[PDB]
Visitor: 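Below is a deposited model of Macrophage colony-stimulating factor 1 receptor with RG7155 as ligand.
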Amino acid sequence: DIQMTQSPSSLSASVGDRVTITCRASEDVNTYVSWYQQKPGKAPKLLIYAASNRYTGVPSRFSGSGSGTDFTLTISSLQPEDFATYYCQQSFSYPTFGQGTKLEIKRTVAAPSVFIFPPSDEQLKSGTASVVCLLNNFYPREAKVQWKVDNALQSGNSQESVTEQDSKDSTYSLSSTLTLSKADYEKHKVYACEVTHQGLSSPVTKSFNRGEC
Amino acid sequence: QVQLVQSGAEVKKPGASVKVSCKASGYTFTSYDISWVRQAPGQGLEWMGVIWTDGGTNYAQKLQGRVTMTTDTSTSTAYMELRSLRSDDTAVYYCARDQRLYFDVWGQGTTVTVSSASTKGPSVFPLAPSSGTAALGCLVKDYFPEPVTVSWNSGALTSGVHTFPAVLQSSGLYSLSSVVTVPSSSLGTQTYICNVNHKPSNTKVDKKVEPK
Amino acid sequence: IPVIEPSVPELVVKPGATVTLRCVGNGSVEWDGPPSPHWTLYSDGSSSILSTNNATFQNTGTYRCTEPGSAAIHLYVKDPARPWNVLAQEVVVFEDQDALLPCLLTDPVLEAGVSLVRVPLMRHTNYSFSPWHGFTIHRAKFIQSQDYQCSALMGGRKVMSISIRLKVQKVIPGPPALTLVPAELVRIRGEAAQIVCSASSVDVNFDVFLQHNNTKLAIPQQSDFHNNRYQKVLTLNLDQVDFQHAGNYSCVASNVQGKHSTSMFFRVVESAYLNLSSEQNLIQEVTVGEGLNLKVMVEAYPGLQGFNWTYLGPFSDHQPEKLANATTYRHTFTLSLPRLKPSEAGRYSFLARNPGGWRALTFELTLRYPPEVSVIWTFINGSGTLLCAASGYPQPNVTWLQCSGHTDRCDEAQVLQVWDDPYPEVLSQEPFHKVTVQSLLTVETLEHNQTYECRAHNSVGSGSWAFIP
Ligand SMILES: *[C@@H]1O[C@H](CO[C@@H]2O[C@@H](C)[C@@H](O)[C@@H](O)[C@@H]2O)[C@@H](O[C@@H]2O[C@H](CO)[C@@H](O[C@@H]3O[C@H](CO)[C@@H](O)[C@H](O)[C@@H]3O)[C@H](O)[C@H]2NC(C)=O)[C@H](O)[C@H]1NC(C)=O
Ligand SMILES: *[C@@H]1O[C@H](CO[C@@H]2O[C@@H](C)[C@@H](O)[C@@H](O)[C@@H]2O)[C@@H](O)[C@H](O)[C@H]1NC(C)=O
Ligand SMILES: *[C@@H]1O[C@H](CO)[C@@H](O)[C@H](O)[C@H]1NC(C)=O
């Protein structure tokens, strides 16, 4: 199958910026290349087909170029709607897509406000303990959370989730959950989440002592 | 006007089959081919195959022998059946109008969940505030299948609300959190209740979040 | 000197109008104009006619008529929205050379409100304007290597042309700048040929000569001084060529800063030729849904008078158009066949023709298919029989499975019996079609809680059909 290699994988830009996304085919695909825009929870939308042909109802700020193996998509002046995922597709042989390019809003650095939540007494009664660490409204997306249970760092007992970039302030939020059994939770005292971000000179540790309130 | 409307979300056990429908409107259905494209959570787009206007089919090599694409000329409906389902078949399934060199019209997608898990209602636990602004929330734990809807004060509280994407646990159940950042002064006057809905199990829970 | 009709130095027409520029001479007359395919050229013994039914702003330019063995008219097509006809968007000169930016004004009435803009205002630039030629940047400096636009004042508002990019090259030392036209030549014994070897320099002291197979030719040189450069041109005219004229022609130029050389090969042939070939086998086999490009290489002399791609193949005759080409004595013709459908299998013929005759190359395209399986219950001579039909290319094999319970696929645990039919009855085996095979399974008694699956395989894939009564 023909591989479609997209560059970059991620792009940060501001409203008004000119943005270029490239795509390379593992073999010659003539001009049988299309560009799709996809926003979360929505289906993809056709932007360009025949390498440079704009589809009906697509604004003039979107343009396509290329022949053979190297193709480009250009958005000449970014509008707030333009922030989405863009995919290139070849239709010379079995249809294949590029891995995507995420286009997000470039804004000023904002450090996360860290919050830790001990497990509720209602939860502990069922026999499990979920410790939650909240990283509120930060920029850029890149943040790190480490769990510490009595200065012992933890591997494989936590899951994290991130919100989409905020429509208002263009920030991100993260939630990490540490799951232990009631037996395991009561073997230790100090529960801590250690946060690393660009908006921080040194890692922020928010913690609690089990029993103490 | 020019649309393809897909059938609702599906939940299946490994080894079962799923048959997804896709109804055309606004154009001569029999004049264009129909392709099915799938997208796994957090992943890219994967073409599954085409059904031509003549009735013929060309399936993606990876799904050959396991996938069937059909059409119903009378109802302008395209169908896609996928057999011997496995966990990695969990994806959003799209039908799209195949103009050979591009997919111009797309269906809204059909979520297909393949899991050995059974319908289970969630457990809503508070995320009580510690001590300017404070954060409080809810932990919606151990539910199947997706989704859950979460509201704060029955829609009255929207500003500063963050409902995080569901996380799939090793157990096969899902878990999520909804947090909100309110002023510290309001913790002794205002009442905060998170409203959690899980239609698949008919679980409607209203949980009051207060400090310890 | 030839005579032009209309006998005026310049002409102004509106877009849409019919323009007819007729040149008449004692012998043959030759027109040389900037746009095509806009102009329809008709040419006889004494005359040549440039014609158009729909005048476009792109028809604006100077039309020069020459009698080989000069006269000109300037046409202006006054487009109320298009004041500029840009001939080239790329202009390259050396430093201290005058650069012409070919912005052709479509209305002579506009001249005094015309200005050169640098995409926007330039620095210390000396320019003049010509309504016929465009702007000239005098003694081009290295700093003047930028993107310019031409402004025309229409209704008190500035109207810009498409950007013209100026590239001013640094004048470094070295042997004189070389030119050899043509880069390649092919002629039939008895025809005429022109080989022009020229050299330029900023200094008048330099030598230039044309050599044929390392033997210097006695060509008289035409020395000139044009655009801050000295030129020496050697025109080699061969009245009637022969196998003695064939070979390597070298244009050699030298001065106090070196000796330089450029070459061309002149081929002399006994008669017109047309040779067709392909790097690809004419017999092609590809899987359905795959893309394919059918390429033919054409070495021809004189120029081709016609070429096409034809679908001969057994299915619906939708004809190519699809067809693209690159390179003039060599050409590659490519028929693009993206995501091949089953009706696109068959014969594709490429034909080319020139004064030497016609030639064709025919490709045979066979498509591969994974198996498609159908199972039905029938009665052959009173006995109950399960009939399995499997279609695909190459020819598939068949396998029967009987298993406990109602299922889409019989599993190792539920499977009660297996019958293999590696070579079933061949039902249909026509070229550019799927091969259809048939397996019959006589079933004496068929129970309730069971299903009969027929699986078929070939090199491309697998197909299946489970039968539950
Ligand atoms: C592709 O072109 C070929 C050749 O035609 C010539 O070259 C082309 C590049 C163009 O310049 C054409 O204008 C030019 O004619 C076409 O094939 C030829 O077509 C003619 C008419 O269809 C054939 O004539 C017929 O011949 C049979 C006997 O075989 C008679 O019974 C008929 O009465 C009739 O005269 C001719 O044989 C054929 N030539 C060759 C060399 O095969 C071809 O049709 C065209 N393809 C497409 C897609 O248009
Ligand atoms: C059936 O075929 C399988 C696939 O083999 C391919 O298809 C067959 C029809 C031949 O053309 C063969 O040369 C190809 O490689 C085999 O793996 C399988 O063993 C075959 N089954 C039996 C029982 O012969
Ligand atoms: C030398 O000239 C002859 C014709 O006079 C020609 O056939 C031959 O190819 C030339 N040699 C080379 C090396 O091109």
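The alphabet sets the chain names here, A first, running in the order the sequence lines are given. Quick note: numbers on chain A are straight from the PDB entry, i.e. 1-213, in order. Here chain B follows the PDB entry, giving residues 1-131, 137-217 in order. We're sticking with the PDB entry numbering for chain C, so the shown stretch reads 20-88, 94-143, 147-348, 350-355, 359-500, in order. Note: hydrogens, waters and symmetry copies are ignored here, and every other heavy atom, side chains too, is used.
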Visitor: Where exactly can RG7155 be seen in this structure?
Guide: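 It sits at chains A and B.
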Visitor: What residues make up the epitope of RG7155 (chains A and B) on chain C at a non-hydrogen distance below 4.5 Å?
Guide: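 Non-hydrogen contacts pick out C/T314, C/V315, C/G316, C/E317, C/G318, C/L319, C/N320, C/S367, C/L368, C/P369, C/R370, C/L371, C/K372, C/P373, C/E375, C/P401, C/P402, C/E403, C/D439, C/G492, C/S493.
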Visitor: Where is the paratope of RG7155 (chains A and B) toward chain C, residue by residue, for heavy atoms under 4.5 Å?
Guide: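 Using heavy atoms, the list is A/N30, A/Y32, A/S91, A/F92, A/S93, A/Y94, A/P95, B/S17, B/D33, B/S35, B/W47, B/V50, B/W52, B/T57, B/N58, B/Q64, B/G65, B/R83, B/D98, B/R100, B/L101, B/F103.
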Visitor: Specify the UniProt domain of chain C contributing the most residues to the contact with RG7155 (chains A and B).
Guide: Ig-like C2-type 4
Visitor: Any idea what organism chain C is from, going by the entry?
Guide: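 According to the deposit, it's Homo sapiens.
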Visitor: What name is recorded for chain A in this PDB entry?
Guide: Fab fragment RG7155 light chain
